[PDB]
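Chain lettering follows the listing: the opening sequence line is A, and each later line takes the next letter. Following the PDB entry, chain A residues are numbered 234-438, 445-455, in order. We're sticking with the PDB entry numbering for chain B, so the shown stretch reads 232-442, 444-456, in order. Heavy-atom basis, side chains included; hydrogens, waters and symmetry copies ignored. First listed ligand is number 1; within each ligand, the first listed atom is number 1.
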Amino acid sequence: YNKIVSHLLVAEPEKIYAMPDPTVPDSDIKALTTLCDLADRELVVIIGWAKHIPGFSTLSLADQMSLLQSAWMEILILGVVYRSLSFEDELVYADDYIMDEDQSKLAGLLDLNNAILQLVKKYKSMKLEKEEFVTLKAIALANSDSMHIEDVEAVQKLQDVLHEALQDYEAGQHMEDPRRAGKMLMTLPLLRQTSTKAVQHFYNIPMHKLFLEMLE
Amino acid sequence: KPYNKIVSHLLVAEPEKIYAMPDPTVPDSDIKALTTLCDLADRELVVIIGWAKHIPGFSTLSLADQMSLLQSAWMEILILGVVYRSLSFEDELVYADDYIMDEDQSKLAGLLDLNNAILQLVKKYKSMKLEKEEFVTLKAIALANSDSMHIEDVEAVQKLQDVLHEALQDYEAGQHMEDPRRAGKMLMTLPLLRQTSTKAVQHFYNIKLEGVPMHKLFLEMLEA
Ligand SMILES: CC/C(=C(\c1ccc(O)cc1)c1ccc(OCCN(C)C)cc1)c1ccccc1
Ligand SMILES: CC/C(=C(\c1ccc(O)cc1)c1ccc(OCCN(C)C)cc1)c1ccccc1
Ligand SMILES: C[C@H](CCC(=O)O)[C@H]1CC[C@H]2[C@@H]3[C@H](O)C[C@@H]4C[C@H](O)CC[C@]4(C)[C@H]3C[C@H](O)[C@]12C
Ligand SMILES: C[C@H](CCC(=O)O)[C@H]1CC[C@H]2[C@@H]3[C@H](O)C[C@@H]4C[C@H](O)CC[C@]4(C)[C@H]3C[C@H](O)[C@]12C
């Protein structure tokens, strides 16, 4: 077994919940607010998780932040994609918040959710395992291509270590396909692309009580 | 060991130089630079379409899928081209032998942010010492792995990806045994290529929005 990959499994964060309020009228506003709150709570956990990635803490705090700033959305997206592998045309943002097509339209996330579903499809066909998922996650962070990195060589070494862990895992656990590690790496471009779409949509995406009182 | 068939075909199919040929009668300006790049791009894209037909297995996909792949990866192929041509240079982008943009030229063209992002790609490939054989293979892989949402025959496209991926892996095993993970490191550069290309396409349309390209037939229609 690969020590780094096994270590990554154990450092995997605990499940987080959306906890949507059932007495609140279902709406785009509710959905988006639920997702935003869920994301922020997942991110606090992600920041702590990173510190357990072998080598991450040896980087400067400036570089640690740069990597996290460049890859935070890719980590969130990869999480949802993974939790959705055993579902059909649905996204498990959380055990207590699974979105189907109709819910996506109502939240104005049809396009974006379908892109995320594109990722789920590829991973389904490859039968992505938990070991591969957590290693790819760490790789996405290490390979986030921030332009503000101070020690390029230290980040490259970080990438090389996680990359070796993945090929080592793939070499022993999947001899039926000697190109499986490469196929995993080839899914990163779509992850980066979908992550970019999500971030772009987040910005693109009031106080009626007080407002009505100001007019009164 | 002798290069496998795929890499051999790609090296032979590699297009001859293409010049930007900016109009000498037109004074320098942001509009000129952008007009020049657009014209070069269009001629390169014509050459790229013919080049793809020479990629083993591409002409076997339906014409709809051939189109989808090309419509998804055209900018990545063009960007990988400029990046490769700029490897032996420093802080300058070689769009063509007759069109090299340094920083001050980029600022004048309004392309500083985009060109700086393209130079980021150059920097990575320079440290890896990207070779021509790896370059032609990556262009082909970028085309097959473009991730279009309009693919009809997913398995056919997946097979094309595997054949090209194998060509790279085999090339690296025989040519760079000293680094058992060199093929993987090449593949890991694709995300930045996708990111920079998306950034370029978006900047292009923001340009045509606040205006862009000096249309030839335009003034003729008005003078007529
Ligand atoms: C796809 C759902 C989503 C987010 C999400 C994705 C995966 C996941 O596990 C949890 C949430 C999402 C929404 C908001 C968000 O904010 C981060 C910034 N904070 C500091 C305000 C992040 C992700 C989203 C992204 C762009 C526009 C609208 C919604
Ligand atoms: C970076 C230079 C560039 C182009 C380019 C890149 C690589 C290369 O080898 C040659 C040019 C560029 C400009 C226009 C363009 O148009 C394609 C669409 N046609 C059909 C109008 C493509 C690339 C560009 C891209 C977006 C905005 C401004 C300029
Ligand atoms: C949610 C949390 C604060 C929790 C709290 O109220 O105590 C804050 C503190 C640090 C924040 C993060 C940092 O500002 C770094 C990143 C900045 C990006 O623009 C968004 C994600 C990003 C990763 C942030 C997510 C988030 O809003 C964080 C994680
Ligand atoms: C330049 C050439 C025609 C030039 C001419 O002889 O007049 C045209 C004809 C078909 C065009 C292509 C097709 O419309 C398909 C693609 C559409 C994308 O938006 C740009 C690239 C794209 C790949 C196009 C590049 C280009 O503008 C093409 C290749």
Compound at ligand 2; choices VT-464, 4-hydroxytamoxifen, CH5132799, PF-06463922:
4-hydroxytamoxifen
Greatest-contact chain for 4-hydroxytamoxifen (ligand 2), named in the PDB entry
Estrogen-related receptor gamma
Using a heavy-atom cut-off of 4.0 Å, enumerate the other chains touching 4-hydroxytamoxifen (ligand 2).
B
Identify the binding-site residues of 4-hydroxytamoxifen (ligand 2) at 4.0 Å, heavy atoms only.
B:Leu268, B:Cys269, B:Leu271, B:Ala272, B:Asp273, B:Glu275, B:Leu276, B:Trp305, B:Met306, B:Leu309, B:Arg316, B:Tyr326, B:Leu342, B:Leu345, B:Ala431, B:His434, B:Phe435, B:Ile438
May I ask you to identify the nearest protein heavy atom to atom 17 (C) of 4-hydroxytamoxifen (ligand 2), giving residue, atom name and distance to one decimal place in Å?
B:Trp305 CZ3, 3.6 Å
Per-atom contacts, 4-hydroxytamoxifen (ligand 2) versus B:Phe435 - under 4.0 Å to a heavy atom
14 (C), 26 (C), 27 (C)
Under 4.0 Å from 4-hydroxytamoxifen (ligand 2), which other ligands or ions appear?
ligand 4 (cholic acid)
Atom 4 (C) of 4-hydroxytamoxifen (ligand 2): nearest protein contact (heavy atom, Å):
B:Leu268 CB, 4.4 Å
Element-labelled atoms of 4-hydroxytamoxifen (ligand 2) that are located less than 4.0 Å from some non-hydrogen atom of B:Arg316:
9 (O)
Would you mind running through 4-hydroxytamoxifen (ligand 2) and noting each atom that sits below 4.0 Å from a heavy atom of B:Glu275?
8 (C), 9 (O), 10 (C)
Students should be able to answer this: which protein heavy-atom is nearest to atom 22 (C) of 4-hydroxytamoxifen (ligand 2), and at what distance?
B:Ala272 CB, 3.3 Å
Show which atoms of 4-hydroxytamoxifen (ligand 2) fall inside a sub-4.0 Å distance from at least one heavy-atom site of B:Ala431.
26 (C)
What is the UniProt domain of chain B where most residues contacting 4-hydroxytamoxifen (ligand 2) are found?
NR LBD
Go through 4-hydroxytamoxifen (ligand 2) atom by atom and flag the ones less than 4.0 Å from a non-hydrogen atom of B:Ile438.
27 (C), 28 (C)
Are any of the N/O atoms on B:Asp273, whether in the backbone or the side chain, positioned under 3.5 angstrom from an N/O atom of 4-hydroxytamoxifen (ligand 2)?
yes
Using a 4.0 Å cut-off to any heavy atom of B:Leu342, which atoms of 4-hydroxytamoxifen (ligand 2) qualify?
28 (C)
Distance to 0.1 Å, residue and atom name: give those for the protein heavy atom nearest to atom 24 (C) of 4-hydroxytamoxifen (ligand 2).
B:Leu345 CD2, 4.4 Å
Look at atom 1 (C) of 4-hydroxytamoxifen (ligand 2) and say which protein heavy atom is nearest, naming residue and atom and giving the distance to 0.1 Å.
B:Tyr326 OH, 3.1 Å
Okay, for chain B, which organism does the deposit list?
Mus musculus
